[PDB]
Colleague: 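The structure under discussion is supplied below as structure tokens; questions concerning it will follow.
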2 protein chains.
Amino acid sequence: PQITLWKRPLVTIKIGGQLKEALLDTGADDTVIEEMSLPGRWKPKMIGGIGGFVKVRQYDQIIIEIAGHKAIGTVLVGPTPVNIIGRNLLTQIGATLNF
Amino acid sequence: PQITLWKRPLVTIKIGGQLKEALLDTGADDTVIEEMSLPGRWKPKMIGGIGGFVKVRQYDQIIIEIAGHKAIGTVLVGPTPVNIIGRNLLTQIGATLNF
Ligand SMILES: CC(C)CN(C[C@@H](O)[C@H](Cc1ccccc1)NC(=O)O[C@H]1CO[C@H]2OCC[C@H]21)S(=O)(=O)c1ccc(N)cc1
Ligand SMILES: [Cl-]
Ligand SMILES: [Cl-]
Ligand code: NA
């Protein structure tokens, strides 16, 4: 689709067997999701933004379906106020910013 | 342009006659820039980022060029890790996300 930016660009994702709403975020390097369980190995990580840093768990090689488009990559899990799809997965679905 | 997301979508902005680097950020409701002098009055605003809430200074009706496109709108000034162009100004320059 072509998504305007009058409102937040929220889409439905499927991750870990769960449907969630997430923000398509060109300003986020990395995908970050609210607390949930995911399978496999993980390691701790700190990510920072406005407000400072938060501690997250880094899970690699996780499959996500974003608005119907499958992708695989790293997913960070932790206390984010909103689920965010960052560039690491936006590239995989062919997302571009156009003007 | 059509900007892919393999690297951060950084552009040049011009504000107050000065060139700066900023990130095109679909996950930001609002444009937030690092400490600088802007004309006129300001109003208080709280914004909530990934690490919590921060106070910023809200300046309205500021002339700003974004990758060569003219915009006039609200600019927040405060402790951000990078200058961010949010949806309030991305809409002014006609940006959409496409996949
Ligand atoms: C500040 C950016 C350089 C980085 N961020 C992405 C950014 O899009 C966040 C994404 C975001 C969105 C909502 C809540 C928290 C974080 N937006 C944000 O902080 O925007 C603020 C300015 O406008 C307001 O509207 C939204 C919050 C305010 S971030 O959330 O801190 C972040 C940092 C690292 C990763 N991997 C993922 C996300
Ligand atoms: Cl990845
Ligand atoms: Cl590509
Ligand atoms: Na894994």
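Chain identifiers are assigned alphabetically from A in the order in which the sequence lines are presented. Residue numbering for chain A follows the PDB entry; the residues present correspond to positions 1-99, in that order. In chain B, numbers come from the PDB entry; the residues present are 101-199, in order. Order of appearance sets the numbers: ligands from 1, and atoms from 1 within every ligand.
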Colleague: Write down the drug at ligand 1.
Modeller: darunavir
Colleague: What is the name in the PDB entry of the chain with the largest share of contacts to darunavir?
Modeller: HIV-1 Protease
Colleague: So, with a 4.0 Å heavy-atom cut-off, what else is touching darunavir? Just the chain letters, please.
Modeller: A, B
Colleague: Side chain, backbone, both or neither: which part of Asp25(A) comes within less than 4.0 Å of darunavir when only heavy atoms are counted?
Modeller: side chain
Colleague: Among all protein heavy atoms, pick the one closest to atom 36 (N) of darunavir and tell me residue, atom and distance.
Modeller: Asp30(A) OD2, 2.8 Å
Colleague: Check contact between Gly48(A) and darunavir, using heavy atoms of the residue and a distance below 4.0 angstrom.
Modeller: yes
Colleague: Answer with yes or no whether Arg8(A) contacts darunavir, where contact means a heavy atom under 4.0 Å from a ligand atom.
Modeller: yes
Colleague: Looking at non-hydrogen atoms alone, which of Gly52(A), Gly127(B), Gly151(B) comes nearest to atom 11 (C) of darunavir?
Modeller: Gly127(B)
Colleague: Which darunavir atoms does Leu123(B) reach within 4.0 Å, using its non-hydrogen atoms?
Modeller: 3 (C)
Colleague: Going by the atom numbers of darunavir, which of them fall below 4.0 Å from some non-hydrogen atom of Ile150(B)?
Modeller: 15 (C), 16 (C), 29 (S), 30 (O), 31 (O), 32 (C), 38 (C)
Colleague: Which species is recorded as the source of chain B in this PDB entry?
Modeller: Human immunodeficiency virus type 1
Colleague: Identify, by atom number and element, the atoms of darunavir in contact range of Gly49(A), meaning under 4.0 Å from any of its heavy atoms.
Modeller: 31 (O)
Colleague: Does at least one non-hydrogen atom of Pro181(B) fall below 4.0 angstrom from an atom of darunavir?
Modeller: no
Colleague: Can you pull out the closest protein heavy atom to atom 25 (O) of darunavir? Residue, atom name and distance to 0.1 Å, please.
Modeller: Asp129(B) N, 3.0 Å
Colleague: Short list, please: which atoms of darunavir are under 4.0 Å from a heavy atom of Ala28(A)?
Modeller: 37 (C), 38 (C)
Colleague: Distance under 4.0 Å to a non-hydrogen atom of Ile84(A): what atoms of darunavir satisfy this?
Modeller: 30 (O), 37 (C), 38 (C)
Colleague: Which residues from other chains neighbour darunavir at a non-hydrogen distance under 4.0 Å?
Modeller: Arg8(A), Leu23(A), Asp25(A), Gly27(A), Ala28(A), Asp30(A), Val32(A), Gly48(A), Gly49(A), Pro81(A), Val82(A), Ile84(A), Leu123(B), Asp125(B), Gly127(B), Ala128(B), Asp129(B), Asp130(B), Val132(B), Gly148(B), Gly149(B), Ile150(B), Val182(B)
